[PDB]
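Working notes, structure below.
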Protein chains: 2
Amino acid sequence: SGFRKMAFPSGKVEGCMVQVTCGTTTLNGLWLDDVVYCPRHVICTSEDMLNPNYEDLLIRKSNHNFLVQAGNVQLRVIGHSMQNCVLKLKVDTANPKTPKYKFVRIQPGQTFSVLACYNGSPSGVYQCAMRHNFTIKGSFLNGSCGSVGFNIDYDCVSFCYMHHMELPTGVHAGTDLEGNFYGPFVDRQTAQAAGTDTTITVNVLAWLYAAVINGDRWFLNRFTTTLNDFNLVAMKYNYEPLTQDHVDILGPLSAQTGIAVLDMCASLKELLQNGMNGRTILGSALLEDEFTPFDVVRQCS
Amino acid sequence: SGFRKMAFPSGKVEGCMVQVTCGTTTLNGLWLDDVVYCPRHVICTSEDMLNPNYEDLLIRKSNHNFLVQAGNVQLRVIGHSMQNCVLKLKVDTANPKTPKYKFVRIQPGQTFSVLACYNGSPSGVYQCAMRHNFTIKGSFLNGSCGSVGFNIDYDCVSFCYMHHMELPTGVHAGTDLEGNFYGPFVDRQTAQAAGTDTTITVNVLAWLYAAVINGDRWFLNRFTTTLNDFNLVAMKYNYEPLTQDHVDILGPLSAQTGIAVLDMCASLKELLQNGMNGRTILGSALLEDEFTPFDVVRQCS
Ligand SMILES: Cn1cnc(Cn2c(=O)nc(Nc3cc4cn(C)nc4cc3Cl)n(Cc3cc(F)c(F)cc3F)c2=O)n1
Ligand SMILES: Cn1cnc(Cn2c(=O)nc(Nc3cc4cn(C)nc4cc3Cl)n(Cc3cc(F)c(F)cc3F)c2=O)n1
C-alpha cells in the first residue's frame, strides 16, 4: 500500500553523465557509446547568449575547444556536429557504462524521471510530467543545463528530455535528445513565456483509482455521467477533454477496482463542483494530475 | 527555481541489491563488502511467520539453506549470523560495487530516500520522512521486504532503514541496518498498530521558507509571535513543539530570506487558524512537513 511520487532508479543514467566546457561556459552532457550530447548553448560566451547565430559560433570552434570530463578523466574530442539544439561531440572512448537506450519524444500528460545534475555530477532524482503547454514544473538551479529526463522499460533507458532553460514563471523548457524543443521555445533570450496550461484529466482519474486501490473511497458516489456531460463540466474548470481513448486506457484500473470510468467521472465532477471540504485524497488536498494510468498500475500492482 | 519531492541518485545503492531465498521464502538483501544483510524474517516458513522463535529457526539452518542471487550470479554463502532483526550472510565474494558507506540511525522528522526493490531488482526511488510514531508513509507491495532507505553525503551512502512490514493502516515499519526496529514493532504477527502521529513543525517552517525562496509570498504577514505563544496554538493543531534548537537550525533560511523564524511562525499560526482559502503553496493545498531545513537548503541553493 501507499502512493508516492516515484522516480525510476537513476543508476543507468548516472553512469552517462559528464561535464562539458567550451571556453568558460560549462554544463552537463550525456555520454552514450562514443558520443557526448549536450545543449548547443555551451558554445555561447556571455556576449553571445542573448542573440547567437549558432551555425556561425560552431564553425568558429575546433575539437580542442571542448573539454569533456567524465569524473576525473578527460575525454578526447575527435569530432563535433550540431543537430538542431543539441551538440554532438564524438569522443575517442566508448562509455563502458552505456545502457541499452532509445531517444523517444513524449506527449503532454506523460511523465518521466529527471536526474538533476551539476558540473556533470548527479544531485537528485524526481518525477515530473510534460505539461500541455510543453513546459515542465521542474526543480533546477544554475548549472543544471543538460540534465536529462528519462523512463526505463525493462532494461532500456528511453531518454526523452534534455534541460535547457528556465522561463520567467520559474517553469522549465528543453528539447528531446534530437535537439527539437518541446513547445514554442528557442535557445536564446526572447520575450518567450509559457502558454496557457490545463489539468491532465485522464491522470486525475488514474490517481483517483490509485486512491481507491489504497482504500481512500470517501469521494465515490452512486452516480454515473455521460462523457459529453462530464466534458461540459470539466472544461469550465480548465480540464482537458476526456476522450474514448482515455476511457479505454483507464480500462485496467476500472477492472481492478470495479468502478466504471464514467462512474468515477461523476466523482470528479462532484469534487470540481463542491471542492474537497477539508478532506484529503492520498495525502493531498488537490486533485493530482502528474500520475499516468501506467504509473498507477506500475506502483499499485 | 521549482521545488520537488527529490530523492538522492540511487545508483550507488542499486549496485548492492541482491535477492535472498531461504526455502520458498524470498526477499531483498543488501550486499556490502563480503556480507549480505537482509531481514531475518526470510528464515520463516509460512507456518512460522505468525509467532516464530528466530533463535530456534536459525540454529536449524545451514549456509546451503540460503540462496543469494546478484543478478544472474549465485553468491556462495560461507557464514551466517543474526544481529537483532537482521540476518548477516557472509559470502565468498566482496561486492566490487560497494560504495563508501555507513550505518546510521535517523530521528523522527528526518528524511531519506527509499529504493523500492522486488526480487533483488530495483523498481523505483522516492523520498520520505521518519514519522513521530516511527512509521514511514512508504509505497511498498508484496516482495519489497529488505528494501533500504538511505541518504548520500558527498560520496558516502548512509544507510538508515531496511523495510520489514506493512501495518494495518497501510504505513510501514522497519529497522536500522543493525536490526533494531524503529518504534515499538516486532517482526511477527501481533496486534501492533501505529501510535499517534504529529506534524513536523520545523519541516513545515522550512518548506514555507522554500516557498518564499521560490516567490510564493501570499501567506506572509507583518506580525511576529513569541515561541511560547506559537507553541500554544500549534499544539492545538497536533503540531510538534517548536524549540530553540529548531529556531537555530532554521537560521540559514531566515538569513537568505530576511524573514525571522518567529515572523514566519506568525504566518504558520494564521494558516493553521484560517486555513489556506483556496490558494496553494509550492503547488500544495496542505502544509507539507516532509522536507527538512537541510533538504530545502540543498534544493534551493
Ligand atoms: C535557474 N535555472 C534553472 N534552470 C536553469 C538552467 N540554466 C543553466 O543551467 N545555465 C544557463 N546559462 C548558463 C550560464 C553559464 C555560466 N557559465 C560559466 N556556464 C553557463 C552555462 C549556461 Cl547553459 N541557463 C540560461 C539559458 C540556457 C540556455 F540553454 C539557453 F538557450 C538560454 C538561457 F538563458 C539556464 O537556464 N537555470
Ligand atoms: C504490502 N506490503 C507492503 N510492504 C510489504 C513488505 N512485506 C513483504 O514484502 N513480505 C512479507 N511477508 C513475506 C511473504 C513471502 C512469501 N514468500 C514466498 N516470500 C515472502 C517473504 C515475506 Cl518477507 N511481509 C509480511 C511481514 C514481513 C516481515 F518482515 C514480518 F516480520 C512480518 C510480516 F507479516 C511484508 O510486510 N508488503
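Chains get letters A, B, ... in whatever order the sequence lines come in. Quick note: numbers on chain A are straight from the PDB entry, i.e. 1-301, in order. Since chain B takes its numbers from the PDB entry, the residues it shows come out as 1-301. As the structure lists them, so they are numbered: ligands from 1, and atoms in each ligand from 1. Computed from heavy atoms alone, side chains included, the values below leave out hydrogens, waters and symmetry copies.
The molecule at ligand 2 is the drug ensitrelvir. In this PDB structure, UniProt names the chief binding partner of ensitrelvir (ligand 2) as 3C-like proteinase nsp5. At a heavy-atom cut-off of 4.0 Å, other chains contacting ensitrelvir (ligand 2): B. For ensitrelvir (ligand 2), the polar-atom distance check finds an N/O of B/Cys145 within less than 3.5 Å of one of the ligand's N/O atoms.
Counting heavy atoms closer than 4.0 Å to ensitrelvir (ligand 2), residue B/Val42 contributes nothing at all. The largest share of chain B residues contacting ensitrelvir (ligand 2) lies in UniProt domain Peptidase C30.
Counting the atoms of ensitrelvir (ligand 2) from 1 in the order shown, those under 4.0 Å from a heavy atom of B/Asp187 are 31 (F).
With B/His172, B/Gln189, B/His41 as candidates, the residue nearest to atom 12 (N) of ensitrelvir (ligand 2) on a non-hydrogen basis is B/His41. The ligand atoms of ensitrelvir (ligand 2) that sit less than 4.0 angstrom from a heavy atom of B/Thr24 are 18 (C). Closest to atom 26 (C) of ensitrelvir (ligand 2) by heavy atom, among B/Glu166, B/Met165, B/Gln192, is B/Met165. Distances from ensitrelvir (ligand 2) to the non-hydrogen atoms of B/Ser144 include at least one value under 4.0 Å. Contact atoms of ensitrelvir (ligand 2) toward B/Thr25: 19 (N), 20 (C), 21 (C) (distance under 4.0 Å to a heavy atom of the residue).
Shown in contact with B/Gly143 at under 4.0 Å from a heavy atom are these atoms of ensitrelvir (ligand 2), numbered in order with element: 8 (C), 9 (O).
Nearest UniProt active-site residue in chain B relative to ensitrelvir (ligand 2) (non-hydrogen distance, 1 Å): B/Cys145, 3 Å. At under 3.5 Å, not a single nitrogen or oxygen of A/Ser1, backbone or side chain, sits near a nitrogen or oxygen of ensitrelvir (ligand 2). Less than 4.0 angstrom separates some heavy atom of B/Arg188 from each of these atoms of ensitrelvir (ligand 2): 31 (F). The binding site of ensitrelvir (ligand 2), defined by non-hydrogen atoms within 4.0 Å, is formed by B/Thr24, B/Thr25, B/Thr26, B/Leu27, B/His41, B/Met49, B/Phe140, B/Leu141, B/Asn142, B/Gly143, B/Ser144, B/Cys145, B/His163, B/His164, B/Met165, B/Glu166, B/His172, B/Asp187, B/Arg188, B/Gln189.
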